[PDB]
Enquirer: 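Please see the structure below; I have some questions.
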Amino acid sequence: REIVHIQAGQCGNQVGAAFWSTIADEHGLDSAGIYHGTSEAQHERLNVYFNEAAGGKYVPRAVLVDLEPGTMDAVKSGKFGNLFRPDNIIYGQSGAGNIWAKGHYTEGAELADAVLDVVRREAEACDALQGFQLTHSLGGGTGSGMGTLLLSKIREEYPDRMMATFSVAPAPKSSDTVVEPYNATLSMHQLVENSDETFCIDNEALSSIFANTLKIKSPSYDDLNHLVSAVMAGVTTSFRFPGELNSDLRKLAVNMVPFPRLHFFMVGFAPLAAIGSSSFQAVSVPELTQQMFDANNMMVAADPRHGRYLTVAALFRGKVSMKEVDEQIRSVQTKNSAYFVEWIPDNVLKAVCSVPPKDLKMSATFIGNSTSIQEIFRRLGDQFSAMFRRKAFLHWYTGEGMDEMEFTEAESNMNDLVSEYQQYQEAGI
Amino acid sequence: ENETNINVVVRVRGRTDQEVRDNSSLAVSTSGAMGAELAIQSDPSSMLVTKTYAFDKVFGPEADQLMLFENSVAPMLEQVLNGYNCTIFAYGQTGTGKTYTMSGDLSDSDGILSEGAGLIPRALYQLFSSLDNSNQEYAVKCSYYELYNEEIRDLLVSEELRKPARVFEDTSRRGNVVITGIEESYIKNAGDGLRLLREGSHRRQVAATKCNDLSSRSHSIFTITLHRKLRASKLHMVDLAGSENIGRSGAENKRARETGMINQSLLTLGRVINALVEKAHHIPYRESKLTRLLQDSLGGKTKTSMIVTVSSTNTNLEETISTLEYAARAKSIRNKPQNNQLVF
Amino acid sequence: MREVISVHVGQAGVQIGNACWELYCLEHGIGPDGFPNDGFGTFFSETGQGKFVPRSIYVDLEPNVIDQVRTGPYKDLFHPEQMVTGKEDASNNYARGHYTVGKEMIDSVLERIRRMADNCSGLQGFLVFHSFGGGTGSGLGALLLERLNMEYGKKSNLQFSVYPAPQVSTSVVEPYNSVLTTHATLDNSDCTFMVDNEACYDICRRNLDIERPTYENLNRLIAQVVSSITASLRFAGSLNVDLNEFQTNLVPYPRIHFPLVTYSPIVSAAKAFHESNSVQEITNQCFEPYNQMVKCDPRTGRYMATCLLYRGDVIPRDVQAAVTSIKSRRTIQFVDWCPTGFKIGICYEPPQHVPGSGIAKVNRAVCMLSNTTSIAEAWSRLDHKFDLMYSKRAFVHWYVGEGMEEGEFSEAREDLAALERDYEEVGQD
Ligand SMILES: C/C(=C\c1csc(C)n1)[C@@H]1C[C@@H]2O[C@]2(C)CCC[C@H](C)[C@H](O)[C@@H](C)C(=O)C(C)(C)[C@@H](O)CC(=O)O1
Ligand SMILES: Nc1nc2c(ncn2[C@@H]2O[C@H](COP(=O)(O)OP(=O)(O)OP(=O)(O)O)[C@@H](O)[C@H]2O)c(=O)[nH]1
Ligand SMILES: Nc1ncnc2c1ncn2[C@@H]1O[C@H](COP(=O)(O)OP(=O)(O)NP(=O)(O)O)[C@@H](O)[C@H]1O
Ligand SMILES: Nc1nc2c(ncn2[C@@H]2O[C@H](COP(=O)(O)OP(=O)(O)O)[C@@H](O)[C@H]2O)c(=O)[nH]1
Ligand SMILES: [Mg+2]
């Protein structure tokens, strides 16, 4: 059971050094790549991400593709440079320009032939693929313009396996570049169709965690990307160890997705507290779940209280039994009858992994599916609306060769993705 | 008028000698005089008699081409000459006759005409026939391609060319869902209709089931552009593939694509009319490429006909009656026929 | 020898099956090798040396829980060619379960049965227990009976498949994978013993006073009623209740074959100490609904036919003097057309307790089985759910997208409601 990992883009690069650092520490690998086992769980399921080599040397399934040749040297010539086969590392010369219409016009047309060729032997050298991760961004060009074209090949290539993309979202307020309403919705056009699902993450929401819970007002991006690697590990936590139930990446997506259009999700994590709030916190299974339904613990700034939960999958790392979970959720589904969908009854999935984390007693990885996500999209389209009617910031896309009316196709795709959620945010049928 | 005009007809196939003489199949369909509600029963003088389904034109294993064609297609052939878009498509279980319904025979006796050739070669000539004697200028174009696993292959050309990016909308109308990146061809007469459709219908992917060696898997779609004179009414002749069961295919992973993804869009064809029994706050037309194209067809500005070809042999009771609820539920939806003289 | 065999499909087949064979070996006093009442090893195949092979086969599509058995304290017990693993899980998809990946794996399983079937002296019938909620045991077990009852014909078929209920749930396609299974169980199985995960849990909270029970504490309750039926014959007792006899004393009609399970006494450590154990007060426990295995209301409905399997030191006249204290005295009337309602046998030897559960040693034990009319509120819980899960056709594209036509969804609710039309008709005075 292997999956294929892609870090397409600059944000793909700096999440991956945050990703694989907490994965290699989780199975007991060092910072170099040699093995140091704790018990048999770390001996048998290193067959999830890692291909073998001579001795106890392990190589992760990864391709890390960028167009900007600078920041790849921060992980190649930088630390963990002995933990990637440099044939897998592949990157051109010219920068994108924070342009969707350039990473999908010309640069993918000059790398994604040779990028996909490296993906060939990584896929063939396992027995059974499971998923195909392409954790990227939507803001800049490389993570988006290649992030769609490298996506759209694989559905034409491997029409069976699954897609788990962790594309980060632009912010309604704290946005970072100026091409964000164009560089999102073009990528949102390709990502609704070909991707199986995605997990949105917004930085403006992520800043609210450190400003309310951990009480740090001066973090770093390297500190911030360190936090998302919880739920990166949190998804395949149920599989990489001896579990008790419902252990698969597929067992999530077969019943987290009611219709094959919506596919989008909200992410929460628990517990987390500063060193001042450390010991005074207790670690209880009812005490965790009350954190997981707060709007101060989500990774997208849309209010979940404002919407309704279609589906909820709870994935727990540690020592936790069955009705410990549910009996607190019983009181939750009484206090929140305006928050649960009625026409889909019994909307709670649960998943228990029987291995604790490091330096923790229990943990709770949360997957949510609100109807609040259309509001960010309506926020995104409203940002799109004033940007397009003037047709400013335009000829750096058509000048590369994308059609003018092709945007209106994407907005019509974008608007329709918004337009399915208003059935269900007010749903008595 | 502006009524609830949605045309639905049912014509079952005929049993063979080995089937019912072994199986003693259902007694659910009549000899097919006119459309009337029959029954749902098996072991009829016993405790399985449930209900009937109200019909428009039920026909048993008795109906022929010109019995159907003069009453179903021909009152809408005049609507095409009247300047209106029309839509005709068939549906049913696999191996029942819905490929026979659109394109039936390849006899093609080119002295005069063919016999039993299906609705499209009857609607081919009988639009070229009446157009020859109505004292106006005419120009005829067509485009014939297929739909297969969320992909489009041009059945007009055998070359390996496809769409550049995506299916396009327009800012002119809402009912347009235009498909560029694909060729339409010019047609002079009735003698050029079958001339391109012959090799054109051969370009599709006729797979082989355990049941039939002819029950294909693609979605044949036959579009017509009529530039008579200044005006143009597009006409949709659409084939649909079958609702394939699990065990009656022998399908491996190469066959499961044209099993699963085909049934994926046929299920999608369910909810796009299951949401029109009450027409709530969203109409999910954009779920697959089969229903984006039929957006102006299904409940839109276009007159729409529908064929439900089922099997009367007891190969099932699962979707023996389940497929007839599609015409039964979504009968009562309305449209709006609009005129087309394109002002230059 | 009155021989029996086992199969196990899904993790419910594994985890209940892990607890079944543990409790068996302590009854027959064997460890991994054996022998640290004379023989009677109908569960076991005898080798020429002493390593008794349990007549069983585990079937799972995902090699996760099978590694636990092949590495834990029971890898030195089984026949490692018999423990067949799959490649990729059904993953809560009955179409993947019953048809697609199961077809590519049944033909390394069905022939594996036949070698174990042709080694039988004379085989009576056997047991196929799994879950309805999950993927593989719902789907592959559905094909596993119809590809067996086609072959072996007049031989008996039982199943102890575990059943979902609205309080505690794990997956959210549990309405779909139950009612898509019950077509297979209607015409293939002679009988089934459905059991809840909730009433199984609640007795571990109330009548065991264990605060947070785990699944092995759930399963050791479950496997004990399994021991109290088959191997109850395999101790020499004063009476005999044969596997044929359940197929006479509990089934008036070929469709009414859904008994319930009730076990007694289930008393924790500090409470049997300070308690006696009569014959009569323990049979009084049996007709209390607090020892019930499926969340139903038996005092509302009537009983078509009952069965009481006593274990331990039992005199057979407190059978008769106390059964009329239940039958002739109490409020809960029987069916007017069933004239007696009771069948009862006495097995002399005591039940065996595990040394690591809250349950304690007791000199007598009753495994109540009864075909009631109050189980009609079990199917109404699912068919009301299966209604609203279907009325918008949500979560259907993961089934029809695999190959199942929707025509079974018509016949599921048509047959299941008509199956409830016999409980309202036979139970109608
Ligand atoms: C103390 C503690 C949890 C806890 C609950 S009860 C108990 C006893 N311990 C957390 C770890 C908790 O696992 C997360 C989710 C660890 C989450 C990972 C992030 C990076 C840290 O939580 C974040 C605050 C940090 O960057 C620093 C401050 C460096 C970390 O040390 C903080 C930090 O990680 O400490
Ligand atoms: N009785 C019992 N039921 C359990 C136990 N653990 C889980 N279950 C039930 O088993 C269901 C899951 O069934 P599975 O065996 O995993 O189904 P599957 O087809 O094997 O699915 P996967 O193997 O996980 O792909 C859960 O929904 C629970 O209802 C247990 O210890 N005892
Ligand atoms: N009503 C009918 N009358 C006479 N022949 C029929 C009829 N229906 C089907 N056939 C015969 O059935 C064969 C064609 O198979 P067909 O039944 O059309 O498949 P299908 O139902 O259309 N499936 P598919 O092609 O996958 O969409 C030909 O031999 C036809 O003559
Ligand atoms: N360093 C860092 N930046 C992030 C992260 N998530 C999102 N971003 C920002 O999101 C935007 C996306 O830009 P990006 O695709 O990386 O730039 P590109 O090189 O043009 O593709 C930039 O402003 C990034 O800084 C993260 O985890 N770390
Ligand atoms: Mg057909």
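A, B, ... follow the sequence lines: proteins, then strands. Residue 1 opens every chain. If you're wondering, the header gives electron microscopy, 4.5 Å. Every number for a ligand or one of its atoms is a count from 1 in the order of the listing.
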Enquirer: What is at ligand 1, out of epothilone B, canertinib, tipifarnib, pemrametostat?
Expert: epothilone B
Enquirer: Can you help me out? I need the name, per UniProt, of the chain with the largest number of contacts to epothilone B.
Expert: Tubulin beta chain
Enquirer: Mind listing the other chains that have a non-hydrogen atom under 4.0 Å from epothilone B?
Expert: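 Other chains in heavy-atom contact: A.
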Enquirer: Would you look up which organism the entry lists as the source of chain A?
Expert: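 The deposit lists Schizosaccharomyces pombe.
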